[PDB]
Amino acid sequence: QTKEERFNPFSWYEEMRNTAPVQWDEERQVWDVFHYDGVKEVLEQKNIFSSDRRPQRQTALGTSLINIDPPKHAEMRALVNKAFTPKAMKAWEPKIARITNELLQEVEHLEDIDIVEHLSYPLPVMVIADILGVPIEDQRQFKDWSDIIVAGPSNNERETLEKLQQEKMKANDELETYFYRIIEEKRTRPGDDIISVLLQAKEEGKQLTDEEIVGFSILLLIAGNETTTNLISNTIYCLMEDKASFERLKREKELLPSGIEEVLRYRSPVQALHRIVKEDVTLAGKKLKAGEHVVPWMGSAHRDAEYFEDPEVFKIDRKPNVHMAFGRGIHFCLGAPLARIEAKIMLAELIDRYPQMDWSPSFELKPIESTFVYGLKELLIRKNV
Ligand code: HEM
Ligand SMILES: C[C@]12CC[C@H]3[C@@H](CCC4=CC(=O)CC[C@@]43C)[C@@H]1CC[C@@H]2O
């Protein structure tokens, strides 16, 4: 399938919603769930559809929020919830604006810029590194590691697969090794960051192993390299694709939060997730069995015509917009407030500064090679100042 099509899975989504919104895929050995209500039930019904990824060695990543079920999930989420509320995140608006204007300043001398390299990717890893309290100087190791962990394979063969899994194991092992070192440093001289806050809470007897702190830290770091960058760049993509939306947005700046919500629906940074059936369940007439894997495609739910009038049309003012781009239920994204404010601040600045931006003459579509993570490796824009 050409790159063009891998950036447009929405035709396959449509085809499945209108034939079998829940179906077992022999090749990939999963139940695909494509319709809105099904994606919602899968994500919500945590006692039916489990988040525990059972591999034969567990990783620290496998003990973090995203891979644990109740009761362990609520106790662990509770320790970190207050650090990521919309109010907690208002303190960071000024740092984000400063970081945005710093990065913009560095490529001011360029007529043509890569949104991804110069803007959408640096800002979120700089925030997450300040949140974790690790040296931004390691950003290259952070991206290479995070890229492996979210990477997808070229094909479904047993030997391309087997070799990717090997790289992910090595990258987990090196990510763990790295953070165990950080954890010792921060026991010696703590800092103002969430690794210390967690360590301070383990001091005080909260049920918390150092492996659990490492895993959470790795989850955050990976989120800081592989999510908000695609919201921002995918937003610019939609605005360059439909210049009518871009012209309206420039005239009505108050539409930017709404426009970012519609990008979340329409070019979702995360197209799907993974669950495991805990006990036999029936779902749209299909007989799901204990232990089978399930893939709810939020990207497809987001085009479901019964919930989104004219699903195929990008509407910056879309109302209602009840998307599940950040999930649904007890695992709903922890960084959603942070993501929303990182995107608003950098996008507003970009649009204010380069109202005549357009595709660079060397632009090429370069979709990310992943099945879940959805975005572009590169987005070359001509400023036209
Ligand atoms: C546009 C940006 C983002 C998108 C689209 C996104 C998407 C998601 C989704 C769909 C989930 C649900 C996972 C599941 O149910 O398996 C999730 C969970 C999570 N997200 Fe994000 N994310 C984004 C940014 C961030 C950021 C910036 C952070 C942290 C700094 C973050 C941290 C987390 C964490 C820790 C969880 C696990 C919560 C739990 O399991 O209780 N995300 N994210
Ligand atoms: C990519 C993935 C689905 C999306 C997840 C990812 C782990 C890191 C993560 C942090 C988030 O905020 C949700 C999206 C992502 C990016 C998962 C690892 C295996 C699965 O394919």
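Residue numbers run from 1 in the order of the sequence given. Keep in mind that the numbers below use all heavy atoms, side chains included, and drop hydrogens, waters and symmetry copies. In each ligand, atom 1 is the first atom listed, and ligand 1 is the first ligand listed. Method on record in the header is X-ray crystallography, 2.2 Å.
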A.B. asks: Drug at ligand 2 - which one is it?
C.D. replies: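 It's recorded as testosterone.
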A.B. asks: From the contacts in this model, which chain binds testosterone (ligand 2) most extensively, according to the PDB entry?
C.D. replies: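 Its main partner is Cytochrome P450.
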A.B. asks: Check each atom of testosterone (ligand 2) against the heavy atoms of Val270 and keep those under 4.0 Å away; list them by number with element.
C.D. replies: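 In order of numbering, the contacting atoms are 14 (C).
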A.B. asks: Who's the nearest protein heavy-atom neighbour of atom 18 (C) of testosterone (ligand 2), and how far?
C.D. replies: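 Answer, as residue, atom name and distance: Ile149 O, 4.1 Å.
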A.B. asks: Looking only at protein heavy atoms, identify the closest one to atom 21 (O) of testosterone (ligand 2) and say how far it is in Å.
C.D. replies: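 Closest protein heavy atom to atom 21 (O) of testosterone (ligand 2): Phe372 CD1, 3.2 Å.
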A.B. asks: Starting from atom 5 (C) of testosterone (ligand 2), which protein heavy atom do you reach first, and at what distance in Å?
C.D. replies: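 So the nearest neighbour among protein heavy atoms is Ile66 CD1, 4.9 Å.
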A.B. asks: Does some non-hydrogen atom of the protein lie less than 4.0 angstrom from atom 3 (C) of testosterone (ligand 2)?
C.D. replies: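 Yes, there is a protein heavy atom closer to it than 4.0 Å.
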A.B. asks: Just to confirm my output: which protein heavy-atom neighbour is closest to atom 6 (C) of testosterone (ligand 2), and how far is it?
C.D. replies: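 Ranked first by proximity to atom 6 (C) of testosterone (ligand 2) is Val150 CG1, 4.3 Å.
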A.B. asks: Output yes when a protein non-hydrogen atom is found under 4.0 Å of atom 8 (C) of testosterone (ligand 2), and no otherwise.
C.D. replies: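 True for atom 8 (C) of testosterone (ligand 2).
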A.B. asks: Please list, in number order, the atoms of testosterone (ligand 2) under 4.0 Å from a heavy atom of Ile222.
C.D. replies: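 Heavy-atom distances to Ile222 below 4.0 Å select 8 (C).
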A.B. asks: Between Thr227, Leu273, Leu219, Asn230, which one has a non-hydrogen atom sitting closest to atom 12 (O) of testosterone (ligand 2)?
C.D. replies: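 Selected option, by shortest heavy-atom distance: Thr227.
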A.B. asks: Identify any other ligands or ions less than 4.0 Å from testosterone (ligand 2); say none if there are none.
C.D. replies: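 Within the cut-off sit ligand 1 (protoporphyrin IX containing FE).
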A.B. asks: Tabulate residues with any non-hydrogen atom nearer than 4.0 Å to testosterone (ligand 2).
C.D. replies: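 On a heavy-atom basis, the binding site is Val150, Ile222, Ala223, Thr227, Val270, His274, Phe372, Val373.
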